[PDB]
Asks: 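Have a look at this one.
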Amino acid sequence: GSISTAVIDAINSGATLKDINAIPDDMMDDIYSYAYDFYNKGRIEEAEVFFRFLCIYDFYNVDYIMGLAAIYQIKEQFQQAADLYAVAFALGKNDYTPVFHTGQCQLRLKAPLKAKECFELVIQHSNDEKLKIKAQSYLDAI
Amino acid sequence: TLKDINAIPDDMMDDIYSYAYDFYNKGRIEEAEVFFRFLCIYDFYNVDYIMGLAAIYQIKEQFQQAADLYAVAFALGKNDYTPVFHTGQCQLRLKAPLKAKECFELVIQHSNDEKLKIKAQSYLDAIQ
Ligand SMILES: O=c1[nH]c2cc(Cl)ccc2o1
Ligand SMILES: [Cl-]
Ligand SMILES: [Cl-]
Ligand SMILES: [Mg+2]
């Protein structure tokens, strides 16, 4: 998937498509909008192809990663979603939404201790008060 | 992954990992890089294998390539902030002090590793 592609690219350390600016920013913006057009109409498979395409070109992009993680979470591919949410957080650092969603994924992965750590981080560090309420409601049930 | 099909026994992979670190510790960087690349081909999902290759890239002053692997390495452990610490170092070398500051601050705010936080704080203290 997207992560193995990123790791292969780093191993081989050859020229990538982004390194040569093979797709301009404006076209990447268009494709991202098309990806969500598919997603918003429930065409999840096509959206996934488009977000995979975006993540091959520019993996280290919080917006592309978050789109793909959402798809995996909807498809109940919870480990793949949590892995991408963690990448997104490492790049973004200031938005705790991926940490919240990782907590949800860990709950489904039968890892309540990992989920608890996620929700507690949201509570202690997020300034999104509504997200904190949601995290607390998961914490109350664990 | 080749790991998924158990193409090489577990103990032999342990041996290869320890040999890679031997090369690294002896300054045999080119050989260590071959061995860590070998490991990461065998199992891209092994955080310690990725961290080894990232360290090689950082030593070779390929700071963006190192930072890219550190971001993957962080996701593959979720709770270990050491790759975030090293990313902060790489960002300083890339002349991105605000990005570096964010990394070291994240270590201090989330990590339970007290020795690592001590190191991150010493970087934060130095950043203008
Ligand atoms: O300690 C941590 N930080 C984390 C960040 C994400 Cl995205 C998930 C789990 C975590 O555990
Ligand atoms: Cl993958
Ligand atoms: Cl900066
Ligand atoms: Mg607060």
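By convention in this document, chain letters (A, B, ...) are assigned in the order of the sequence lines, proteins followed by strands, and residues within each chain are numbered from 1. Keep in mind that the numbers below use all heavy atoms, side chains included, and drop hydrogens, waters and symmetry copies. Order of appearance sets the numbers: ligands from 1, and atoms from 1 within every ligand.
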Asks: Identify the drug located at ligand 1.
Replies: chlorzoxazone
Asks: Main binding partner of chlorzoxazone in this structure, as named by the PDB entry?
Replies: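 The chain with the most contacts is Chaperone protein IpgC.
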Asks: Around chlorzoxazone, which other chains have a heavy atom under 4.0 Å away?
Replies: A, B
Asks: Under 3.5 Å, N or O to N or O, is B:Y81 touching chlorzoxazone that way?
Replies: yes
Asks: With a cut-off of 4.0 Å, which atoms of chlorzoxazone are near a heavy atom of A:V99?
Replies: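 Near A:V99, meaning under 4.0 Å from one of its heavy atoms, chlorzoxazone has 7 (Cl).
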Asks: Near A:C118, which atoms of chlorzoxazone are under 4.0 Å from a heavy atom of that residue?
Replies: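 Counting atoms of chlorzoxazone from 1, those under 4.0 Å from A:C118 are 8 (C), 9 (C).
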Asks: Give the source organism of chain B as listed in the PDB entry.
Replies: Shigella flexneri
Asks: Give the numbers and elements of all chlorzoxazone atoms closer than 4.0 Å to a heavy atom of A:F89.
Replies: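 In order of numbering, the contacting atoms are 7 (Cl).
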Asks: Which residues of other chains have a non-hydrogen atom closer than 4.0 Å to chlorzoxazone?
Replies: A:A86, A:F89, A:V99, A:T102, A:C118, A:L121, B:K78, B:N79, B:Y81
